[PDB]
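The structure appears right after this line, and notes come after that.
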Number of protein chains: 4
Amino acid sequence: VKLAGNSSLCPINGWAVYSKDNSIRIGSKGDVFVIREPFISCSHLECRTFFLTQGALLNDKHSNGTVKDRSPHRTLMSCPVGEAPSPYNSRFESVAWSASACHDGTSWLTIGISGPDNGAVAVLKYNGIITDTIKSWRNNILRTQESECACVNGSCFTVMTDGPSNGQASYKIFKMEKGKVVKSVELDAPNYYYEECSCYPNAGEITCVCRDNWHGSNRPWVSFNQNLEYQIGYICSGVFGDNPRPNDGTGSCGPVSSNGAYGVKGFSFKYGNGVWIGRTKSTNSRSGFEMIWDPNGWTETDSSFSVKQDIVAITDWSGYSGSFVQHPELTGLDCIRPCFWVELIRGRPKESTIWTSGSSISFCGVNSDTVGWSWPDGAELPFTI
Amino acid sequence: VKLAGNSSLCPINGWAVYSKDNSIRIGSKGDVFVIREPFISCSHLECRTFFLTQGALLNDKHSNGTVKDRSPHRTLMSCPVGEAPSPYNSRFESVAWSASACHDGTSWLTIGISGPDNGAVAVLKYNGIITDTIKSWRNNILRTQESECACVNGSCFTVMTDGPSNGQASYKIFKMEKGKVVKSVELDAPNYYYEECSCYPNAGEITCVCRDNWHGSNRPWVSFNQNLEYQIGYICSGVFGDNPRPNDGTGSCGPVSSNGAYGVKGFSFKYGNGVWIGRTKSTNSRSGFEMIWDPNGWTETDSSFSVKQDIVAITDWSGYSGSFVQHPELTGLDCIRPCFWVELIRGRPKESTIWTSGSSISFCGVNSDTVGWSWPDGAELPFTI
Amino acid sequence: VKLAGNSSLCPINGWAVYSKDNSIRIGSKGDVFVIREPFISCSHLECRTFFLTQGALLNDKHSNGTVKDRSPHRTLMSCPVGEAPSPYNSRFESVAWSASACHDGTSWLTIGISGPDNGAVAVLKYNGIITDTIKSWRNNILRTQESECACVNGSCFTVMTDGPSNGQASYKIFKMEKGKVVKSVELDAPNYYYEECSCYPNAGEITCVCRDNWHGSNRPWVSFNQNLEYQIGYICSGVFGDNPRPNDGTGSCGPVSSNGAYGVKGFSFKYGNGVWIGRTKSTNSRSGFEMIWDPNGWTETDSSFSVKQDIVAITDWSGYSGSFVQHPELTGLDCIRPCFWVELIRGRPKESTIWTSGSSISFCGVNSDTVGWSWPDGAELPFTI
Amino acid sequence: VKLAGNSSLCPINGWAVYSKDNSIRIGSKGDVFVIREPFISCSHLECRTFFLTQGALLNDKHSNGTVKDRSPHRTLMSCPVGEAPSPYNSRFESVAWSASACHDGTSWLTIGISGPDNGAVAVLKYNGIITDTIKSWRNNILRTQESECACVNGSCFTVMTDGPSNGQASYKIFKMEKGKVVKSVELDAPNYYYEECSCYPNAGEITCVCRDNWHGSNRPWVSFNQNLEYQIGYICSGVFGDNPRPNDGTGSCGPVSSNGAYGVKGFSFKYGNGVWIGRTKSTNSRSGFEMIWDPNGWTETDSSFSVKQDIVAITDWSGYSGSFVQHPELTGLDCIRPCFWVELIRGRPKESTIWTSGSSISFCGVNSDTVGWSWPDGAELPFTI
Ligand SMILES: CC(=O)N[C@H]1[C@H]([C@H](O)[C@H](O)CO)OC(C(=O)O)=C[C@@H]1NC(=N)N
Ligand SMILES: CC(=O)N[C@H]1[C@H]([C@H](O)[C@H](O)CO)OC(C(=O)O)=C[C@@H]1NC(=N)N
Ligand SMILES: CC(=O)N[C@H]1[C@H]([C@H](O)[C@H](O)CO)OC(C(=O)O)=C[C@@H]1NC(=N)N
Ligand SMILES: CC(=O)N[C@H]1[C@H]([C@H](O)[C@H](O)CO)OC(C(=O)O)=C[C@@H]1NC(=N)N
Ligand SMILES: [Ca+2]
Ligand SMILES: [Ca+2]
Ligand SMILES: [Ca+2]
Ligand SMILES: [Ca+2]
């Protein structure tokens, strides 16, 4: 039976710790993949961590140069949530340096992009079998979510981008059924930039919060039907969501140009005209993490907010973050539960090592008591090498 | 179908060896977690060892300082009984530095406490999904069993403590159904101290035997209905159960104040007005282990007993111990079978290493012939480091 | 329910990346088998990589001399596709230095050849139980596919060879049901040489493309019914398929004698009178890999072709390659899907190491957009040793 | 449904290779248990290798002194057949320095002996739950098969010994149903010695071939009903089965006293008044292995035989060997299939290492063509240490 995706998001008060894989700490001795761009996605039965390996293990010479984003050796793999990603516990999914994945209630859909920068191809698989292919249409690093796609009523949804990372690019939404593209639409979004979208279902409608790598310190959003009829904007809150960014100030419901170049993958959950914003604590680097409840932040431009929950201290490295959801058919609830993960990047460029890898933590939205703290990576660098 | 928990404890004569994981011996070379506070719990189908990892492996630098009790990296994980806890065979359960777990016949309930000492939060999960949260009410190290909760008739029961470890603290019993707290009661127990309770079901009633860290060399007990109507006392036997303790002498059915400060997690099984006591062999340190049958020891104050079965020699390290149970729906018996595990602590503070970890052994109550021996940890310290 | 094998091959335009195991890269640190002769085969439910271990792990002294083809320690094992072959994730199949395997829709049939060069015995197993034996009939290295057998309608088919590798040998086709030989036929093929056949089903008929180690630079083929009534020939295309070989030129629908001695395991898919040829890029060594569509190449002798898709660069090592198929009962398609794997050999004789091993990549035929690239082994030799 | 055990042994011509785990070779680098006394046993669905670990891994300091037979750290564990025994692939069964195991068609029965030499206790488990206990009755190393028990019609059968290893001891047969002893009988066997019995079912009757450690160079046998009504004797063949032994000569249907002290675990399969004998090739040491068909050897005293099949060369170490069986409900045959395993011991006392461990090979009886060879351990000693 297919995930309905017809229920609204659960009301929540805060975020309870869900997982921590301690991957880098464990990899000091154990056989743990060098990875980055991890994400969590759930079915009607289980929750899995997906990740892009570098086809190499921590503390081994083949970890050399793994700051590098794209290679033929990068693979999408998955393991049960909270476990350190190892060749002994991980399922192979796809050859990929950019990925997405989601379960429709029947099978896993995985999307894996590999190939050359000027002609990359997204390979779609449904239950591990190739069901479709999407080829680069702008010949400039075809690239997708690095988090879970969204499913409603037997149809699953993703966003891909193609073109410059430093200017106007091309943005497409894709609708797939049983791993096959049945509809796509190019966004008519001049002056906007979409990348690395974190997309979730809410009462039959999909909302994505993305990365403006071009000229935005706030995050752009797209929301759409099951017919791909869409609306676009930027989160108006002056509690700026990207990294880097300016100090909190007067928002825009377009791109905030100070410190708008570059970015980091992130997410936010829309609650009416309010927003839950996950962001780094640093304005400059991928350091720290916090959840902020801003009850008029989706549409209003002020920097005032109601509630900050600490997740990672400023003195500790963070990285990418993304939404994931737990559906009624898994939880038994009457609503869709919002959750999030944070990637905890260690190594290059910030630290003197030959390698780059990430750990993960995750949290679920809860309508009971919670607490702020710091759950950092905890590895001691550098390694034996 | 839910575990009934309506049957009485099996009649037994002694204890037969059930498991030994050899974790520390194996971890000298293999990828074995640094752990402490292990415990065993069973379902209608399987038995699992739960444990608090230090988010690190034995013989690796990240094992440095693991004598330390609480950190953000500590996680509750589980593996099949008797297997060495490894990232390759362990299921992730929760982020936790204090834990409990039990199966109601349908799903695993896990309880994991993490967060700061002044505001820790117990995260409850049912089938791996968060179902409730309990926040520290005295802001002083919220802490739970470090052994299995008890289930009867689709309801599961645990004890938590909050407050000083050196004086009067606050003690609550919790009743949960499908991982959600449905009732709780604070114990009216002036001059008593409860901690690290080992709780088991017996004919619809739960009995816990706990640790008085304040001023008790004997163990306190609580027993209660499914309505949380309770009775309290201390084991009267002059065969004192805690560590440290005085020499065996004249018991109290209150706290025995000589050597009553500090303690160790332990258990006992009440059999009428008699008791099976598991305890260290040393009066001073966590060394050795023995089972003692004292047939009037629950209510009488003398130091005479009938039967001693050796489990670990005085010349070998022991540590925590706890009860676990095997229900009729798993065993096919007409009674609830009592079992116990012992944690075998190696390293700090007693030995010159940078790390602390534990192995485990376990035993089940049997109505046939058995034998005393020593089944110690067997690792040779120190390690390569 | 048995795999029907009554459907035709899917129409395709190109090849989409399916897997990459990164085995040698991972084995630099992790516990990965020294292997060669890997192959992929699927059931109605899963896809597995089969391989011949050397009964040893990479970067260990027992990897010494593993360029050697046959030993008592060689074993056939399998693991899920795309995972590095490890003692922790691999199923034991058979004692073997030559092998085949395939699933009939009910159970795995495995064929494992071990024993002395002058009297080797093929052990057939069905669901892991020995169901038959085939003994060497020419007393000179009995040897089979090193890729999947072919199944149609509850019957499975393989080819074995016995005799000289440098002249006329003896070639038999075998038909088995439930792992038991029910019919065999010796090919009447004077001046032909068959070895290491890659065999696939197409509408109830089996086609094998093989290795002429004697005097053929093009590949021989056999096709047959379920009654073992056969036809024989060589691929006529002047796009020569073997390694070594001459430059592309004027083909033969017999063996092309320039550079015809020695060879490499390979495959081709017949599409009418056209062919998809997989071959090394080098004419001399096992280097590079490419797919070539030659639309009249099965029967015509010219060297012109329509479509080249790059798979591995000339500057990188390749090795064996083979066909595998995915049936309608697994994919839900109305046709049999063609796929292929490539073995990426590292070490001896081409590189200064004490050992020889292979990685694998794989690709599936798709009727949508695809891209050429290089997905090489990526290990950096030599190893610690 | 229970294994019937009512069918006769399959007619066979020879032995086909079934498995080889390469454990010691793999353990040079990988995390492989130090073990000895392995054995294979099957259910209606799977085949598993059982083994007595030393609670330690190969090439680690805790392997020191593992020539030693009994310790508290020895555990019975199991893994799928042909896989190297690792903490990552092995199921914990029991705490044991002597063991037996067998499946009745419903669940695994395991028997594990631990405790002191003067009071050891056999712990019986059915589906991993303790169902009975058997205590030493002569207070002198209670000891059992080190191979599979035998099951017929929902009842399982084993042999245990207690007393001197250098003279008359006490020998009991045990009948169990659902892991509980329902009948036992002490053998009235003056001048006989039984130990380490290899027992198999044949048409409702159990036959065991054992080790006379006292004064027998030939093997003793017991055969019995489901009522424990028994007959006893020694294999009459002058093809002597034990190690050490004299040269082949004139047999006895009592103990052959030359070279009769000490022994090695072994087996034989009775076929009418004929026997299939598995034995070392050396008369002195545990070296080499061969299968011999002696068609009148059960009852006749001559040294002539019909058929020798080589299994391990004299120049290579062997060790224990034992029978195992595959029942009709697993294989689909109309008969019980005979199989055997050989333990390949490396290290002490014969080789200069600090440790002792064993690999395994196995073979099944087949009515088709087979071949003799040598499949030795293949590890190169000594190790890094
Ligand atoms: C496909 C690709 O290379 N994506 C990049 C991503 C990208 O460079 C920016 O979003 C600009 O478009 O940046 C980052 C990053 O850490 O900023 C990592 C991602 N790496 C990987 N997914 N491998
Ligand atoms: C939550 C916490 O830190 N609990 C402690 C426990 C505690 O200090 C005493 O019971 C006093 O309250 O003592 C010990 C101990 O070994 O004595 C270990 C436990 N460690 C862990 N559970 N991590
Ligand atoms: C059974 C056997 O030894 N087969 C050989 C194969 C063979 O030598 C040639 O085809 C000539 O007949 O060559 C090769 C090879 O790399 O060329 C490896 C195979 N190795 C293994 N399958 N182990
Ligand atoms: C229980 C016990 O210690 N059994 C011994 C066995 C025994 O010494 C002889 O049969 C004499 O009775 O000998 C041997 C042996 O290698 O000869 C190993 C067995 N070791 C183990 N099963 N651990
Ligand atoms: Ca930006
Ligand atoms: Ca105390
Ligand atoms: Ca050739
Ligand atoms: Ca003897």
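Numbers restart at 1 for each chain; the letters A, B, ... are given by sequence-line order, proteins then strands. Per deposition record, X-ray crystallography, 1.9 Å. Counting starts at 1 for both ligands and their atoms, in listed order.
Here the macromolecule with the greatest number of atom pairs within 4.5 Å of ligand 4 is listed in the PDB entry as Neuraminidase. In this structure, the drug found at ligand 4 is zanamivir. The other chains with any non-hydrogen atom less than 4.0 Å from zanamivir (ligand 4) are D.
For zanamivir (ligand 4), the heavy-atom contacts closer than 4.0 Å come from D/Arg36, D/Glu37, D/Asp69, D/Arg70, D/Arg74, D/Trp97, D/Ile141, D/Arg143, D/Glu146, D/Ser165, D/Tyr193, D/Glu195, D/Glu196, D/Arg211, D/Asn213, D/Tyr262, D/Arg286, D/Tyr320.
Between D/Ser98 and zanamivir (ligand 4), no pair of N/O atoms sits closer than 3.5 Å.
The D/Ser165 neighbourhood of zanamivir (ligand 4) comprises atoms 11 (C), 12 (O), with distances under 4.0 Å to a heavy atom of that residue.
For zanamivir (ligand 4), the atoms sitting less than 4.0 Å from at least one non-hydrogen atom of D/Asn213 are 11 (C), numbered in the order shown with element in parentheses.
Nearest non-hydrogen protein atom to atom 13 (O) of zanamivir (ligand 4) is D/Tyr320 OH, 3.3 Å. Close contacts of zanamivir (ligand 4) with D/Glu146, meaning ligand atoms under 4.0 Å from a residue heavy atom, involve 22 (N). Near zanamivir (ligand 4) (under 4.0 Å), the structure shows no other ligands or ions. Of the protein's heavy atoms, D/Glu196 OE2, 4.4 Å lies nearest to atom 4 (N) of zanamivir (ligand 4).
For chain D, the UniProt substrate-binding residues having a heavy atom under 4.0 Å from zanamivir (ligand 4) consist of D/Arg36, D/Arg70, D/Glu195, D/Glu196, D/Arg211, D/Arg286. Remark: zanamivir (ligand 4) and D/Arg70 share an N or O pair separated by less than 3.5 Å (distance only, no angle test). Atom 17 (O) of zanamivir (ligand 4) has as its closest protein heavy atom D/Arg286 NH2, 2.8 Å. By the definition of a contact as any protein heavy atom under 4.0 Å away, atom 7 (C) of zanamivir (ligand 4) is not in contact. Here is the list of zanamivir (ligand 4) atoms found below 4.0 Å of a heavy atom in D/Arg36: 15 (C), 16 (O), 18 (C). Counting only heavy atoms, zanamivir (ligand 4) sits under 4.0 Å from the following UniProt Ca(2+)-binding residues in chain D: D/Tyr262. In terms of protein heavy atoms, atom 9 (C) of zanamivir (ligand 4) is closest to D/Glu195 OE1, 3.6 Å. In terms of protein heavy-atom proximity, atom 19 (C) of zanamivir (ligand 4) is closest to D/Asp69 OD1, 3.4 Å. Of the protein's non-hydrogen atoms, D/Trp97 O, 3.4 Å is the one closest to atom 21 (C) of zanamivir (ligand 4).
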